[PDB]
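Record below includes fluconazole.
All residue numbers refer to positions in the sequence shown, counting from 1. Numbering of ligands and ligand atoms starts at 1, following listing order. Hydrogens, waters and symmetry mates play no part in the numbers below; they use all other heavy atoms, side chains included.
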Amino acid sequence: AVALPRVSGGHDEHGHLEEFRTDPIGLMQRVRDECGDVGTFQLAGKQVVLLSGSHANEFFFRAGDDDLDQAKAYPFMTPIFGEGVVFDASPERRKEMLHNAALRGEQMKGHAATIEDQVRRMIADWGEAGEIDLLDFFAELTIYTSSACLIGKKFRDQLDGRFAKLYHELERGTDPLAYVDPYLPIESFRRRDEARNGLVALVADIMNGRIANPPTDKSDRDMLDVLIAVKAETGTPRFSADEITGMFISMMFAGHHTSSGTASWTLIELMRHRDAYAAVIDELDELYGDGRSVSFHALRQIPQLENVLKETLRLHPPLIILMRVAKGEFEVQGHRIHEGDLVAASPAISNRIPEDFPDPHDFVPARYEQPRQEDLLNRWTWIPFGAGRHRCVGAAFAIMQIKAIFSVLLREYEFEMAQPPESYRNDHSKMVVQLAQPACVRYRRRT
Ligand code: HEM
Ligand SMILES: OC(Cn1cncn1)(Cn1cncn1)c1ccc(F)cc1F
């Protein structure tokens, strides 16, 4: 059996795993530099076939589910999701876990208004001036937007900062060792299980409260009210607090850390490039000069802000690696992929291929304007949202959310970096990328 190209290093206890934890991007870049479109690296006991370049990526995203499986490519997601969603009906995968029902187009306008309200509640006590930490702020804000939009305003209204803190701990229990076993006796895996337990308790607390004093309107009952009333065969409540919480956690995940970090970086890039920031301000002031609401404009064109978003997403994709499990043997550029092999594509690396994106390390929102339109011409390499079969179905909502949040923030306050521009960075120590702290920013009301 012929060996596939293998990148240098990887002599630590778990091969390349250790380096993947400290510098996954640098590692993946060295794979392409040394190996080309098809290279590999060892992740503990599993070999990862990393595909880069337009041709290999295409094969990767167009592959059928019968060929490249996404189902077991993220073992680190198993302990978070927990016992399969509340409804046992075949693969609820993305169907229920991330039902497009939530992001349905009929409710889109509604969501924008919900998002507007969440931002205002979040900056309600800002006053004329002060400071914030982007991770704390955006991580909390997105817990509110995701819960209010994906579950119900009623439910969100009963949440506070504690839910965000614990949910964060949940997200941090995704160390790469999860590819060895997501249940190893790791400290972060223990803190993860303890966090999930804390979440179940907060929900159980809410369930009780709602049972002691139900709604004075059989109209204002949310999803939780419904699940609480579901009775088993003998009259007993059918769902426990753990079951309900596990489903709520599963649904919110999709609307949390990817939006959270993306909101943080969008602002960061705006501050780093005051000219783009100035263009966005002008555009928003002029655009909202028609008197229409944020729920109106978030669902419509805001070009400058959108190109700043697309560029933020190219340089800082939330998911730096995408995974699949090969369910058969395939040939890609003369290299053989075997059943069981882990197959990956990297938005982090692909989004910066020099030949596809002139000056890949520069912030150039113009890339997406009339001329170049580099996102649409590099359909297999511009991949912040993935591509093909598993293309992010929440893209439209994610973008609407960014338009909504910044339509409120940039028109009410001005932002300045409170630390060196280069000090802002991501923590890539976990499979779930998070913005690193400190990430301090100053604000002052606009005149
Ligand atoms: C700007 C923030 C977001 C980014 C960068 C992002 C990125 C991505 C990426 C790269 C994938 C591909 C995963 C893979 O190929 O294995 C994906 C998939 C997905 N995303 Fe997002 N996403 C974002 C927001 C959202 C939101 C807000 C939702 C809905 C709550 C959502 C729902 C989904 C779903 C359901 C999939 C699975 C698609 C499939 O497997 O067919 N995403 N996303
Ligand atoms: O793709 C994710 C899972 N994931 C893989 N690597 C890191 N996180 C995240 N995500 C992507 N967009 C939004 N959330 C996902 C996909 C579908 C889903 F229903 C939940 C879920 F967490």
Which entities in the file belong to fluconazole, all copies counted?
ligand 2
Which chain accounts for the largest share of heavy-atom contacts with fluconazole, under its name in UniProt?
Sterol 14alpha-demethylase
Hi! What's sitting within 4.0 Å of fluconazole if we only look at heavy atoms?
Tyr74, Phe76, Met77, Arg94, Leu98, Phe253, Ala254, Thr258, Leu319
